[PDB]
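Bound state: peptidyl-prolyl CIS-trans isomerase + ciclosporin.
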Amino acid sequence: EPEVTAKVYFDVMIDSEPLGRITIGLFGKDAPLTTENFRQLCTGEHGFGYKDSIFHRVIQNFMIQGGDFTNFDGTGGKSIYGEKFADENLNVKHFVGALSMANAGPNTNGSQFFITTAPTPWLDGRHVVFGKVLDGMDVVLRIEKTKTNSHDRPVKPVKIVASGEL
Amino acid sequence: XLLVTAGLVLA
């Protein structure tokens with residue numbers, strides 16, 4: 001597994017009820033452009049960011065998705081390098097607790113990411129794994145069970161009330 | 001299937 005260079009966090013809440021904090025580690029050396037994008041969206045430096053956004057797609061035994069802070073349905077989001085950016089590294093493989101980039105085909109990374117809650121090998125080579133949950137994995141296994149409707153969207157919104165850096 | 005896309009979301 002890659003070396004962790006930086007640490008970010010998400011304080012999560014499901015409809016007024018605080019769940020806790022997800023501390024994430026970032027593989028800065030194996031995917032510098034990608035982790036930088038992530039880091040700066042966590043702080044909010046450029047005006048926009050993951051703060052107040054939600055996890056619009058949660059699927060038990062698979063993953064939880066988020067990062068659409070411009071449409072909240074999974075059709076939006078934007079990187080700090082404009083609209084989209086090429087995939088830096090596709091050599092790192094997925095594992096439970098990994099941070100990976102969600103996309104729309106090759107070289108279409110934006111701001112949407114997912115955290116895996118089970119083995120997703122069939123995804124290797126197509127999504128840039130750029131980090132791992134260092135702590136707050138139980139907070140992730142909590143969200144995973146929340147009630148969703150068709151389209152796998154959370155009935156009660158799962159919100160990132162605060163995101164930052166350590 | 002089991003994909004994590006941004007926009008379409010298929011099988």
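Sequence lines set the chain letters: A, B, ... in the order given, protein chains first and strands last, and positions in each chain run from 1. Below, all heavy atoms of this structure are taken into account, side chains as well, without hydrogens, waters or symmetry copies. Non-standard residues take their parent's letter or X, and their extra atoms are not counted toward contacts.
- The parts of the structure that belong to ciclosporin are chain B.
- Site of ciclosporin with heavy atoms closer than 4.5 Å: A:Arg57, A:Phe62, A:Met63, A:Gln65, A:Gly74, A:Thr75, A:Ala102, A:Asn103, A:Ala104, A:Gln112, A:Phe114, A:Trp122, A:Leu123, A:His127.
- Using heavy atoms and a cut-off of 4.5 Å, the contact list from ciclosporin to chain A reads B:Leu2, B:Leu3, B:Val4, B:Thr5, B:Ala6, B:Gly7, B:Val9.
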